[PDB]
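In the text below, chain A, chain B and the rest are named by the order of the sequence lines, each starting its count at 1. Scope of the values below: all heavy atoms of this structure, side chains included, with no hydrogens, waters or symmetry mates. Each ligand, and each atom within it, is numbered from 1 in the order the structure gives.
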Amino acid sequence: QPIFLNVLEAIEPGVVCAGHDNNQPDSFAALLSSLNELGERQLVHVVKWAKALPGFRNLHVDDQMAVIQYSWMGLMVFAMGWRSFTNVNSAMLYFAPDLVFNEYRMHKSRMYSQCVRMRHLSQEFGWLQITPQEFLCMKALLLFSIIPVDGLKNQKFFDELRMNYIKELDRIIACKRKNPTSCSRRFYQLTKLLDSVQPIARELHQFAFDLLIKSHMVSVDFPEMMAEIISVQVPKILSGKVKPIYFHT
Amino acid sequence: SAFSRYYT
Ligand SMILES: CC(C)(O)C(=O)Nc1ccc([N+](=O)[O-])c(C(F)(F)F)c1
């Protein structure tokens, strides 16, 4: 009966790996070259995952592309937290298997505060008793959670489609939690969780772009496609031309 | 772009 939820699980990506020299003593330059590799791989995986989404083929192929490029980091950060939650129970950061982040790597990467934030969201998963089905469904909602204020090439469709993903999230909660101030209690937190992802993303958007600019001066390598997105679409978000849709203000 | 042309 869970037609929507079959799909989401059915289309779930594999455990992507970075290919990081775990035998080499840590260094900013080494660390961030694997995280850029990681980004670039996961991006591909996001692309294929996203195209299978129910009603995604509905969007105009530019919107299809745009929502991917805009929402791409937040998705990486969401799933990531679930990975560190379910693999390392939230003690470290399960980026990929070959790239798990301890405290000293967190600091050595120069994204410490930013990771502080992400280990929190990892902790949120447990604290809030997030279900696997609750995760997947929140995860899907996130591709539809960041519009350009400029206007999408076909907004109407996007809006219909988004409004539906919320129904589906409702339905996942309203299922086994039969009660008024329960479904209500839950949704709040979940939307309150989903919103909290955005600040993390924009921070990583700032670090990335920054690193990208000063990359000539650090020995850190941006994949052909990493670096186009970070230059072409990220500055849109950072310049405020693209904003996240928030549940609360 | 590089994304748009890998995408389609
Ligand atoms: C491209 C930038 C600097 O490397 C980056 O933040 N990469 C990156 C790669 C993978 C993952 N991941 O979810 O496993 C993440 C992050 F979502 F955790 F932040 C970032």
Name of drug found at ligand 1
hydroxyflutamide
Okay, contact question: for hydroxyflutamide, which chain racks up the most heavy-atom pairs under 4.5 Å? Name from the PDB entry, please.
Androgen receptor
Other chains with a heavy atom under 4.0 Å from hydroxyflutamide:
A
What organism is named as the source of chain A in the metadata of the entry?
Homo sapiens
What is the UniProt domain of chain A where most residues contacting hydroxyflutamide are found?
NR LBD
With a cut-off of 4.0 Å on heavy-atom distances, which residues and nucleotides contact hydroxyflutamide?
A:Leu35, A:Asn36, A:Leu38, A:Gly39, A:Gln42, A:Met76, A:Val77, A:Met80, A:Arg83, A:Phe95, A:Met118, A:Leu204
